[PDB]
Asker: 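As an example, take this structure containing zanamivir.
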There are 4 protein chains.
Amino acid sequence: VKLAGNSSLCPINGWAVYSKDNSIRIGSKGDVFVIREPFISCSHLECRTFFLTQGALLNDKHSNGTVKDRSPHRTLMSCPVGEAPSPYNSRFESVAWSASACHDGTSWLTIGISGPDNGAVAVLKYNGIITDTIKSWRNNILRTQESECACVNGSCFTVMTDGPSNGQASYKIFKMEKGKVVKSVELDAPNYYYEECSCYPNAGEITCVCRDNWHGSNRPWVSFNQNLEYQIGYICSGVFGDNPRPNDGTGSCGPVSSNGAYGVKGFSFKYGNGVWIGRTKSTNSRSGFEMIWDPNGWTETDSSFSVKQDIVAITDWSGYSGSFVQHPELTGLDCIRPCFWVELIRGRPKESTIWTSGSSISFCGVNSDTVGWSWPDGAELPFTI
Amino acid sequence: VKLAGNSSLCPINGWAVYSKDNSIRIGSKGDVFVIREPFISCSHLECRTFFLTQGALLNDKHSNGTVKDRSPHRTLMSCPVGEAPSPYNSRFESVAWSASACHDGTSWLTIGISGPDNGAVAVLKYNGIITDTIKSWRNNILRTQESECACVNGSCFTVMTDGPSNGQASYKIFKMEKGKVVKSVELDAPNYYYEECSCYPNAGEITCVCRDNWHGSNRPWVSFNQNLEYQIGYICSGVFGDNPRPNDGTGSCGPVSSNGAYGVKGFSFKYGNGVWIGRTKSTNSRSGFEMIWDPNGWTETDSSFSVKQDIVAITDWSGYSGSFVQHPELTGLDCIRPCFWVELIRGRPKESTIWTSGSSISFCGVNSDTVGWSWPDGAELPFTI
Amino acid sequence: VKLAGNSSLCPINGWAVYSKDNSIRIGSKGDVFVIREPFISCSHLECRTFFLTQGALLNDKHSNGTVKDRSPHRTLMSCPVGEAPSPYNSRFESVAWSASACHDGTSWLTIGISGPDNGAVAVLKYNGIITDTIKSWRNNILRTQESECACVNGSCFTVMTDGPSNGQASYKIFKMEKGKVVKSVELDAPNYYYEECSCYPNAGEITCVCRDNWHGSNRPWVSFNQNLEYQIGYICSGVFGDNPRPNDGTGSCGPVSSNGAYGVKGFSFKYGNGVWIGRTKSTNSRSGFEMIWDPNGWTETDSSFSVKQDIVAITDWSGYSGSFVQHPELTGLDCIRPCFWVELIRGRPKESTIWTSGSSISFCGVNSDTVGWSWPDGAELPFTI
Amino acid sequence: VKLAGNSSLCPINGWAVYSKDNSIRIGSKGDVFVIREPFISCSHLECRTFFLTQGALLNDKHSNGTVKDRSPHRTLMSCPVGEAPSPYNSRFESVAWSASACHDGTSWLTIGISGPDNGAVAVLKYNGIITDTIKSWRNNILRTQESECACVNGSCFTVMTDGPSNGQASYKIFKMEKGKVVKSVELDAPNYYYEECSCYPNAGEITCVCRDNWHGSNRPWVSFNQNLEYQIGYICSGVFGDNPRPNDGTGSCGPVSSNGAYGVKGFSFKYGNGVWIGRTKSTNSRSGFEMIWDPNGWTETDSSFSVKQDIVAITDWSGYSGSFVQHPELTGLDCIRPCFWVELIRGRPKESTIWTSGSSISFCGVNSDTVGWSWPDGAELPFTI
Ligand SMILES: CC(=O)N[C@H]1[C@H]([C@H](O)[C@H](O)CO)OC(C(=O)O)=C[C@@H]1NC(=N)N
Ligand SMILES: CC(=O)N[C@H]1[C@H]([C@H](O)[C@H](O)CO)OC(C(=O)O)=C[C@@H]1NC(=N)N
Ligand SMILES: CC(=O)N[C@H]1[C@H]([C@H](O)[C@H](O)CO)OC(C(=O)O)=C[C@@H]1NC(=N)N
Ligand SMILES: CC(=O)N[C@H]1[C@H]([C@H](O)[C@H](O)CO)OC(C(=O)O)=C[C@@H]1NC(=N)N
Ligand SMILES: [Ca+2]
Ligand SMILES: [Ca+2]
Ligand SMILES: [Ca+2]
Ligand SMILES: [Ca+2]
């Protein structure tokens, strides 16, 4: 039976710790993949961590140069949530340096992009079998979510981008059924930039919060039907969501140009005209993490907010973050539960090592008591090498 | 179908060896977690060892300082009984530095406490999904069993403590159904101290035997209905159960104040007005282990007993111990079978290493012939480091 | 329910990346088998990589001399596709230095050849139980596919060879049901040489493309019914398929004698009178890999072709390659899907190491957009040793 | 449904290779248990290798002194057949320095002996739950098969010994149903010695071939009903089965006293008044292995035989060997299939290492063509240490 995706998001008060894989700490001795761009996605039965390996293990010479984003050796793999990603516990999914994945209630859909920068191809698989292919249409690093796609009523949804990372690019939404593209639409979004979208279902409608790598310190959003009829904007809150960014100030419901170049993958959950914003604590680097409840932040431009929950201290490295959801058919609830993960990047460029890898933590939205703290990576660098 | 928990404890004569994981011996070379506070719990189908990892492996630098009790990296994980806890065979359960777990016949309930000492939060999960949260009410190290909760008739029961470890603290019993707290009661127990309770079901009633860290060399007990109507006392036997303790002498059915400060997690099984006591062999340190049958020891104050079965020699390290149970729906018996595990602590503070970890052994109550021996940890310290 | 094998091959335009195991890269640190002769085969439910271990792990002294083809320690094992072959994730199949395997829709049939060069015995197993034996009939290295057998309608088919590798040998086709030989036929093929056949089903008929180690630079083929009534020939295309070989030129629908001695395991898919040829890029060594569509190449002798898709660069090592198929009962398609794997050999004789091993990549035929690239082994030799 | 055990042994011509785990070779680098006394046993669905670990891994300091037979750290564990025994692939069964195991068609029965030499206790488990206990009755190393028990019609059968290893001891047969002893009988066997019995079912009757450690160079046998009504004797063949032994000569249907002290675990399969004998090739040491068909050897005293099949060369170490069986409900045959395993011991006392461990090979009886060879351990000693 297919995930309905017809229920609204659960009301929540805060975020309870869900997982921590301690991957880098464990990899000091154990056989743990060098990875980055991890994400969590759930079915009607289980929750899995997906990740892009570098086809190499921590503390081994083949970890050399793994700051590098794209290679033929990068693979999408998955393991049960909270476990350190190892060749002994991980399922192979796809050859990929950019990925997405989601379960429709029947099978896993995985999307894996590999190939050359000027002609990359997204390979779609449904239950591990190739069901479709999407080829680069702008010949400039075809690239997708690095988090879970969204499913409603037997149809699953993703966003891909193609073109410059430093200017106007091309943005497409894709609708797939049983791993096959049945509809796509190019966004008519001049002056906007979409990348690395974190997309979730809410009462039959999909909302994505993305990365403006071009000229935005706030995050752009797209929301759409099951017919791909869409609306676009930027989160108006002056509690700026990207990294880097300016100090909190007067928002825009377009791109905030100070410190708008570059970015980091992130997410936010829309609650009416309010927003839950996950962001780094640093304005400059991928350091720290916090959840902020801003009850008029989706549409209003002020920097005032109601509630900050600490997740990672400023003195500790963070990285990418993304939404994931737990559906009624898994939880038994009457609503869709919002959750999030944070990637905890260690190594290059910030630290003197030959390698780059990430750990993960995750949290679920809860309508009971919670607490702020710091759950950092905890590895001691550098390694034996 | 839910575990009934309506049957009485099996009649037994002694204890037969059930498991030994050899974790520390194996971890000298293999990828074995640094752990402490292990415990065993069973379902209608399987038995699992739960444990608090230090988010690190034995013989690796990240094992440095693991004598330390609480950190953000500590996680509750589980593996099949008797297997060495490894990232390759362990299921992730929760982020936790204090834990409990039990199966109601349908799903695993896990309880994991993490967060700061002044505001820790117990995260409850049912089938791996968060179902409730309990926040520290005295802001002083919220802490739970470090052994299995008890289930009867689709309801599961645990004890938590909050407050000083050196004086009067606050003690609550919790009743949960499908991982959600449905009732709780604070114990009216002036001059008593409860901690690290080992709780088991017996004919619809739960009995816990706990640790008085304040001023008790004997163990306190609580027993209660499914309505949380309770009775309290201390084991009267002059065969004192805690560590440290005085020499065996004249018991109290209150706290025995000589050597009553500090303690160790332990258990006992009440059999009428008699008791099976598991305890260290040393009066001073966590060394050795023995089972003692004292047939009037629950209510009488003398130091005479009938039967001693050796489990670990005085010349070998022991540590925590706890009860676990095997229900009729798993065993096919007409009674609830009592079992116990012992944690075998190696390293700090007693030995010159940078790390602390534990192995485990376990035993089940049997109505046939058995034998005393020593089944110690067997690792040779120190390690390569 | 048995795999029907009554459907035709899917129409395709190109090849989409399916897997990459990164085995040698991972084995630099992790516990990965020294292997060669890997192959992929699927059931109605899963896809597995089969391989011949050397009964040893990479970067260990027992990897010494593993360029050697046959030993008592060689074993056939399998693991899920795309995972590095490890003692922790691999199923034991058979004692073997030559092998085949395939699933009939009910159970795995495995064929494992071990024993002395002058009297080797093929052990057939069905669901892991020995169901038959085939003994060497020419007393000179009995040897089979090193890729999947072919199944149609509850019957499975393989080819074995016995005799000289440098002249006329003896070639038999075998038909088995439930792992038991029910019919065999010796090919009447004077001046032909068959070895290491890659065999696939197409509408109830089996086609094998093989290795002429004697005097053929093009590949021989056999096709047959379920009654073992056969036809024989060589691929006529002047796009020569073997390694070594001459430059592309004027083909033969017999063996092309320039550079015809020695060879490499390979495959081709017949599409009418056209062919998809997989071959090394080098004419001399096992280097590079490419797919070539030659639309009249099965029967015509010219060297012109329509479509080249790059798979591995000339500057990188390749090795064996083979066909595998995915049936309608697994994919839900109305046709049999063609796929292929490539073995990426590292070490001896081409590189200064004490050992020889292979990685694998794989690709599936798709009727949508695809891209050429290089997905090489990526290990950096030599190893610690 | 229970294994019937009512069918006769399959007619066979020879032995086909079934498995080889390469454990010691793999353990040079990988995390492989130090073990000895392995054995294979099957259910209606799977085949598993059982083994007595030393609670330690190969090439680690805790392997020191593992020539030693009994310790508290020895555990019975199991893994799928042909896989190297690792903490990552092995199921914990029991705490044991002597063991037996067998499946009745419903669940695994395991028997594990631990405790002191003067009071050891056999712990019986059915589906991993303790169902009975058997205590030493002569207070002198209670000891059992080190191979599979035998099951017929929902009842399982084993042999245990207690007393001197250098003279008359006490020998009991045990009948169990659902892991509980329902009948036992002490053998009235003056001048006989039984130990380490290899027992198999044949048409409702159990036959065991054992080790006379006292004064027998030939093997003793017991055969019995489901009522424990028994007959006893020694294999009459002058093809002597034990190690050490004299040269082949004139047999006895009592103990052959030359070279009769000490022994090695072994087996034989009775076929009418004929026997299939598995034995070392050396008369002195545990070296080499061969299968011999002696068609009148059960009852006749001559040294002539019909058929020798080589299994391990004299120049290579062997060790224990034992029978195992595959029942009709697993294989689909109309008969019980005979199989055997050989333990390949490396290290002490014969080789200069600090440790002792064993690999395994196995073979099944087949009515088709087979071949003799040598499949030795293949590890190169000594190790890094
Ligand atoms: C496909 C690709 O290379 N994506 C990049 C991503 C990208 O460079 C920016 O979003 C600009 O478009 O940046 C980052 C990053 O850490 O900023 C990592 C991602 N790496 C990987 N997914 N491998
Ligand atoms: C939550 C916490 O830190 N609990 C402690 C426990 C505690 O200090 C005493 O019971 C006093 O309250 O003592 C010990 C101990 O070994 O004595 C270990 C436990 N460690 C862990 N559970 N991590
Ligand atoms: C059974 C056997 O030894 N087969 C050989 C194969 C063979 O030598 C040639 O085809 C000539 O007949 O060559 C090769 C090879 O790399 O060329 C490896 C195979 N190795 C293994 N399958 N182990
Ligand atoms: C229980 C016990 O210690 N059994 C011994 C066995 C025994 O010494 C002889 O049969 C004499 O009775 O000998 C041997 C042996 O290698 O000869 C190993 C067995 N070791 C183990 N099963 N651990
Ligand atoms: Ca930006
Ligand atoms: Ca105390
Ligand atoms: Ca050739
Ligand atoms: Ca003897």
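Just so we're on the same page: letters track the sequence lines, and every chain starts at 1. Whatever order the structure lists them in is the order used to number ligands and atoms, beginning at 1.
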Asker: What ligand numbers or chain letters correspond to zanamivir?
Answerer: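 The answer, copies included, is ligands 1, 2, 3 and 4.
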Asker: To what macromolecule is zanamivir (ligand 4) bound in this model, taking the chain with most contacts, per the PDB entry?
Answerer: Neuraminidase
Asker: State which other chains have a non-hydrogen atom nearer than 4.0 Å to zanamivir (ligand 4).
Answerer: D
Asker: What protein heavy atom sits nearest atom 17 (O) of zanamivir (ligand 4), and how far off is it?
Answerer: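 Nearest protein contact, heavy atoms only, for atom 17 (O) of zanamivir (ligand 4) is D:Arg286 NH2, 2.8 Å.
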Asker: Should one rank D:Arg143, D:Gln54, D:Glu196 by closest heavy-atom distance to atom 6 (C) of zanamivir (ligand 4), which comes out on top?
Answerer: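 Heavy atom nearest to atom 6 (C) of zanamivir (ligand 4) belongs to D:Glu196.
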Asker: What does the PDB entry report as the organism for chain D?
Answerer: Influenza A virus
Asker: Output the list of atoms in zanamivir (ligand 4) that are nearer than 4.0 Å to some heavy atom of D:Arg36, sorted by atom number.
Answerer: 15 (C), 16 (O), 18 (C)
Asker: Looking only at protein heavy atoms, which one is nearest to atom 21 (C) of zanamivir (ligand 4), and what is the separation?
Answerer: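 Checked against all protein heavy atoms, atom 21 (C) of zanamivir (ligand 4) sits closest to D:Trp97 O, 3.4 Å.
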Asker: Give the numbers and elements of all zanamivir (ligand 4) atoms closer than 4.0 Å to a heavy atom of D:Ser165.
Answerer: 11 (C), 12 (O)
Asker: Nearest non-hydrogen contact with atom 18 (C) of zanamivir (ligand 4) belongs to which option: D:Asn140, D:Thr356, D:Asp69?
Answerer: D:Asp69
Asker: How close does the nearest protein non-hydrogen atom get to atom 14 (C) of zanamivir (ligand 4), and which residue and atom is it?
Answerer: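 Nearest protein contact, heavy atoms only, for atom 14 (C) of zanamivir (ligand 4) is D:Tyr320 OH, 2.9 Å.
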Asker: What part of D:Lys265, side chain, backbone, both or neither, has a heavy atom within less than 4.0 angstrom of zanamivir (ligand 4)?
Answerer: neither
Asker: Among all protein heavy atoms, pick the one closest to atom 3 (O) of zanamivir (ligand 4) and tell me residue, atom and distance.
Answerer: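 The protein heavy atom lying closest is D:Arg70 NH1, 2.8 Å.
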Asker: Okay, next thing: UniProt's substrate-binding residues in chain D - which of them have a heavy atom under 4.0 Å from zanamivir (ligand 4)?
Answerer: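 The UniProt-listed residues with a non-hydrogen atom that close: D:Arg36, D:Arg70, D:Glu195, D:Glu196, D:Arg211, D:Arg286.
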Asker: Find the residues of chain D UniProt lists as binding Ca(2+) whose heavy atoms come closer than 4.0 Å to zanamivir (ligand 4).
Answerer: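 UniProt annotation plus heavy-atom distance gives D:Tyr262.
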Asker: Any idea which protein heavy atom is nearest atom 9 (C) of zanamivir (ligand 4), and the distance to it?
Answerer: D:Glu195 OE1, 3.6 Å
Asker: Which residues are in the binding site of zanamivir (ligand 4), using 4.0 Å as the heavy-atom cut-off?
Answerer: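 Within 4.0 Å (heavy atoms), the residues are D:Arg36, D:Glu37, D:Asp69, D:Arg70, D:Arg74, D:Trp97, D:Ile141, D:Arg143, D:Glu146, D:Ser165, D:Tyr193, D:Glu195, D:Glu196, D:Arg211, D:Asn213, D:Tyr262, D:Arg286, D:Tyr320.
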